[PDB]
Visitor: 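Model shown: Beta-lactamase + meropenem (bound form).
Going down the sequence lines, the chains are called A, B, C, and so on. We number chain A the same way the PDB entry does; the residues here are 25-261, in that order. Chain B residue numbers are taken from the PDB entry; in order, the displayed residues are 25-261. Whatever order the structure lists ligands and atoms in, that order sets their numbers, starting from 1. FYI, side chains are in, hydrogens and waters are out, and symmetry mates aren't considered; it's all heavy atoms of this structure.
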Protein chains: 2
Amino acid sequence: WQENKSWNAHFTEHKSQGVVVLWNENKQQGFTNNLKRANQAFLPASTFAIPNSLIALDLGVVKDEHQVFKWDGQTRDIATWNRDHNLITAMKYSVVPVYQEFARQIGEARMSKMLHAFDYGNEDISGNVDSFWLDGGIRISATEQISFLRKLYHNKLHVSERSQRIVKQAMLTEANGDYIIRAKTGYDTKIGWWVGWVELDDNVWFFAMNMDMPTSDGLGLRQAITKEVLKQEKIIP
Amino acid sequence: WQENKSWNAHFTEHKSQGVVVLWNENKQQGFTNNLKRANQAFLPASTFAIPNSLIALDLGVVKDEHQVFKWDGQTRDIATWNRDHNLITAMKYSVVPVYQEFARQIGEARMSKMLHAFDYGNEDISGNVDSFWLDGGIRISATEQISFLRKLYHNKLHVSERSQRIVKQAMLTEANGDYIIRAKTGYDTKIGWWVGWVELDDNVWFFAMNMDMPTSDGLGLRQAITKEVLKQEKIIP
Ligand SMILES: *C(=O)[C@@H]([C@@H]1NC(C(=O)O)=C(S[C@@H]2CN[C@H](C(=O)N(C)C)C2)[C@@H]1C)[C@@H](C)O
Ligand SMILES: *C(=O)[C@@H]([C@@H]1NC(C(=O)O)=C(S[C@@H]2CN[C@H](C(=O)N(C)C)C2)[C@@H]1C)[C@@H](C)O
Ligand SMILES: [Cl-]
Ligand SMILES: [Cl-]
Ligand SMILES: [Cl-]
Ligand SMILES: [Zn+2]
Ligand SMILES: [Zn+2]
Ligand SMILES: [Zn+2]
Ligand SMILES: [Zn+2]
């Protein structure tokens, strides 16, 4: 692990504070602007969609990425949530009601065992079984996110290969002739997350970033700052 | 099937001739500029990478999308071919040597049975087992490409679900916040292909296009004309 404090400019240029963590898979080397904050554990918020979806698929709670989760008919504040969804759109729009239903069907006992088998963060599900990743005791650091994501990328998590492939499909965020990004955003009113990886022809760069997010206005800085770092390191054009 | 002859402008604006075929999956309705050419059968050329990769995966010739196919050390004219590849980069760069090795290992008997089970075009593998899709008797029309691709999208081809998922991953071409394109190009010195689909939040639009391609200079018209049609029909922004 190498600390590049010159990456701090990418945060300070946006009047922001946070951490970007990168992992070169071929070289087995990591880079970050702040080693300490790279290892600071936060609530996963909507980034918990990745383990949650994996467990739900492996237990049969979700059949596949096409299966429709009917809206319960409760109107909530996020407009995108009040409609039918599948695994793809649930991940795209961070539809909490869907993932809460996942967690309830999974149950406390299976959820706890699965997160331990996943070596996921602090592995603590204290709180409501359907809201612990939002207001409970589970915490995960950026380096721990990358550890988890590396296992997912290689199909080495303790779930079926099929479940991992489907979740990685649902993680699809951006793709062009130069790279593929599979990733998941998160925002809990205090900090914003972006965790995932960049697939290249001959390598994969894993990333996990978080930053202080006082207001929603700057949510796009999550991706912008990350991509500005990736471009500086010549990972993407 | 509805013929929209006003789509011909998209070809004539580029001094080109060809066909675009679209299929609205939710409505089960098709649209094309030229119904006749939509049903004209051509050599699949590099679009055969999709059935070939499916068969190779299902027979174990390819383990997964990470498995490296070592370059044989024969230098060929296409620079991208003279290197190691996996299933992702073989599809991206249309690396014929890889697919020829696939076909040889598959063999004539299994290839012929598989294409019949796939209902793939004329189902004729006459010629060399490792070049029939380039210089042999196999032919497929744009509408037949869409018929095949619909089965792939739904995991209804006569191969393992896993094989179909992996090939669809390898087909990934473009993705953003509005759509995902999974597709495959083809070019045989006479005609150019682009076949695939556009995934939206709530629908999928399948497409198959081909056009006369006297020279390589216009290869990019394949995607440009297709995307100009998609934009006209408000399928993509
Ligand atoms: C989880 O982190 C929460 C949701 N996750 C995200 C997110 O990181 O994108 C949001 S923000 C919401 C969804 N997308 C909308 C948008 O237009 N932008 C990203 C600017 C707004 C949620 C708060 C979950 C616990 O609600
Ligand atoms: C199959 O159709 C042949 C290859 N397929 C393609 C193609 O449709 O892209 C090409 S063109 C080749 C690969 N990409 C290079 C490029 O820079 N452009 C697309 C402009 C050039 C091949 C001829 C296969 C039978 O060789
Ligand atoms: Cl969530
Ligand atoms: Cl995918
Ligand atoms: Cl080919
Ligand atoms: Zn900036
Ligand atoms: Zn076990
Ligand atoms: Zn045009
Ligand atoms: Zn059978």
Visitor: Every copy considered, what are the ligand or chain positions of meropenem (bound form)?
Guide: ligands 1 and 2
Visitor: I'm curious which other chains sit close to meropenem (bound form, ligand 2), say any heavy atom under 4.0 Å. Can you tell me?
Guide: B
Visitor: Within meropenem (bound form, ligand 2), which atoms have a heavy atom of B:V120 less than 4.0 Å away?
Guide: 24 (C), 25 (C), 26 (O)
Visitor: Against heavy atoms of B:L243, which atoms of meropenem (bound form, ligand 2) measure under 4.0 Å?
Guide: 11 (S), 20 (C)
Visitor: From the structure as deposited, which residue atom takes part in a covalent bond with meropenem (bound form, ligand 2)?
Guide: B:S70 OG
Visitor: For meropenem (bound form, ligand 2), which atoms sit closer than 4.0 Å to a heavy atom of B:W105?
Guide: 26 (O)
Visitor: Is it true that B:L158 lies under 4.0 Å from meropenem (bound form, ligand 2), counting heavy atoms only?
Guide: yes
Visitor: Give the numbers and elements of all meropenem (bound form, ligand 2) atoms closer than 4.0 Å to a heavy atom of B:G210.
Guide: 2 (O), 8 (O)
Visitor: Counting from 1, what meropenem (bound form, ligand 2) atoms have a heavy atom of B:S70 closer than 4.0 Å?
Guide: 1 (C), 2 (O), 3 (C), 4 (C), 5 (N), 24 (C), 25 (C)
Visitor: What are the neighbouring residues of meropenem (bound form, ligand 2) within 4.0 Å, counting only heavy atoms?
Guide: B:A69, B:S70, B:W105, B:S118, B:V120, B:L158, B:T209, B:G210, B:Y211, B:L243, B:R246
